[PDB]
Asker: 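Hi! Got a PDB file here: darunavir bound to HIV-1 protease.
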There are 2 protein chains.
Amino acid sequence: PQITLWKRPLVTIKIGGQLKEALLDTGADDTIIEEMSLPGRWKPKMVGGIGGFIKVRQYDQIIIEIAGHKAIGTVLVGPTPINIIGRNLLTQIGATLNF
Amino acid sequence: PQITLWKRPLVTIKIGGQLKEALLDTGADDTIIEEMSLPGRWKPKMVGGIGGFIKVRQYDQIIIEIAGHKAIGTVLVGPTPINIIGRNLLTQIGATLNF
Ligand SMILES: CC(C)CN(C[C@@H](O)[C@H](Cc1ccccc1)NC(=O)O[C@H]1CO[C@H]2OCC[C@H]21)S(=O)(=O)c1ccc(N)cc1
């Protein structure tokens with residue numbers, strides 16, 4: 001589809017069998033999801049945003065469906081104000097910015 | 001132009017007579033620029049994101065040239081780690097997310 005930006009570009013994602021809302025975020029290098037249980041071992045990571053750094057748990061090879069598109073990659077889990085789909089997964093679904 | 005997301009989508013902008021590099025950021029509601037001087041009255045505001053909130057100065061009706069495209073809108077000035085072009089100005093240049 002072709003999404004305009006007059007409103008927040010929110011889509012529905014499915015992760016761990018649950019439906020959630022997430023933001024298509026070209027400004028995020030990484031995909032960050034609010035606290036939840038994901039399978040496997042996690043690794044530590046520090047993520048810097050607009051108001052400082054937060055510590056997150058990094059999970060790899062996670063399966064996630066984004067607006068009907070399947071992606072398999074790294075997902076960070078931490079205290080984010082909203083679920084964010086970053087470039088690492090946007091590239092897998094073939095997203096581009098056009099103007 | 002059609003921008004891929006393998007790397008950060010950085011473009012050249014001209015604001016307040018100065019040339020700067022900025023991120024085309026679909027996850028940002030508003031445009032936030034690093035500390036600089038702009039003419040006009042301004043209002044204080046608090047913007048929140050990952051890591052917490054920061055205090056900024058809100059300037060209205062500011063003219064920015066994004067990748068050679070003229071646009072006008074609110075610009076926030078504050079201690080952001082990078083210059084961000086948000087949805088308020090992406091809409092003006094006709095930017096869309098496609099996949
Ligand atoms: C958290 C989102 C809802 C909003 N953020 C925009 C977002 O695109 C930022 C924009 C951004 C980009 C770089 C530095 C600071 C902020 N990215 C970000 O926080 O990404 C983090 C996770 O991936 C990592 O790679 C980028 C930093 C990490 S935001 O910077 O806090 C923001 C909030 C309000 C406005 N008006 C404009 C921007």
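Sequence lines set the chain letters: A, B, ... in the order given, protein chains first and strands last, and positions in each chain run from 1. Atoms within each ligand, like the ligands themselves, are counted from 1 in listed order. Just the heavy atoms: all of them, side chains too, but no hydrogens, waters or symmetry mates, feed the values below.
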Asker: Which other chains are in heavy-atom contact with darunavir at under 4.0 Å?
Answerer: A, B
Asker: Mind checking whether B:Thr31 has an N or O less than 3.5 Å away from an N or O of darunavir?
Answerer: no
Asker: Can a non-hydrogen atom of A:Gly51 be found less than 4.0 Å from any atom of darunavir?
Answerer: no
Asker: Would you say atom 32 (C) of darunavir touches the protein, meaning some protein heavy atom is under 4.0 Å from it?
Answerer: no
Asker: Determine, considering heavy atoms only, which of B:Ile84, A:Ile82, B:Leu23 sits nearest to atom 3 (C) of darunavir.
Answerer: A:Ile82
Asker: Just need the protein heavy atom nearest to atom 9 (C) of darunavir, so name the residue and atom and give the distance.
Answerer: B:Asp25 OD2, 3.8 Å
Asker: Among protein heavy atoms, which sits nearest to atom 34 (C) of darunavir, and what does the distance come to when rounded to 0.1 Å?
Answerer: B:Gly48 O, 4.1 Å
Asker: Note the single closest protein heavy atom to atom 36 (N) of darunavir, along with its residue, its atom name and the distance in Å.
Answerer: B:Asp30 N, 3.1 Å
Asker: Below 4.0 Å from any atom of darunavir, is there a heavy atom belonging to B:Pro81?
Answerer: yes
Asker: Around atom 21 (C) of darunavir, find the nearest protein heavy atom and jot down its residue, atom name and distance.
Answerer: A:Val47 CG1, 3.7 Å
Asker: Taking both backbone and side-chain atoms of B:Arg8, is any N or O found less than 3.5 Å from an N or O belonging to darunavir?
Answerer: no
Asker: Counting only heavy atoms, tell me which of B:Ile50, A:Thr80, B:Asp29 gets closest to atom 19 (O) of darunavir.
Answerer: B:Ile50
Asker: Tell me which protein heavy atom sits closest to atom 12 (C) of darunavir, plus the residue, atom name and distance to 0.1 Å.
Answerer: A:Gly27 O, 3.6 Å
Asker: Specify the protein heavy atom at minimum distance from atom 38 (C) of darunavir: its residue, its atom name, and the distance to 0.1 Å.
Answerer: B:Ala28 CB, 3.5 Å
Asker: Distance under 4.0 Å to a non-hydrogen atom of A:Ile32: what atoms of darunavir satisfy this?
Answerer: 22 (C)
Asker: Report the binding site of darunavir using a heavy-atom cut-off of 4.0 Å.
Answerer: A:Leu23, A:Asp25, A:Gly27, A:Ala28, A:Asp29, A:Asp30, A:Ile32, A:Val47, A:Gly48, A:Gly49, A:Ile50, A:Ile82, A:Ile84, B:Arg8, B:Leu23, B:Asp25, B:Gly27, B:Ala28, B:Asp30, B:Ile32, B:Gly48, B:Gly49, B:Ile50, B:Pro81, B:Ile82
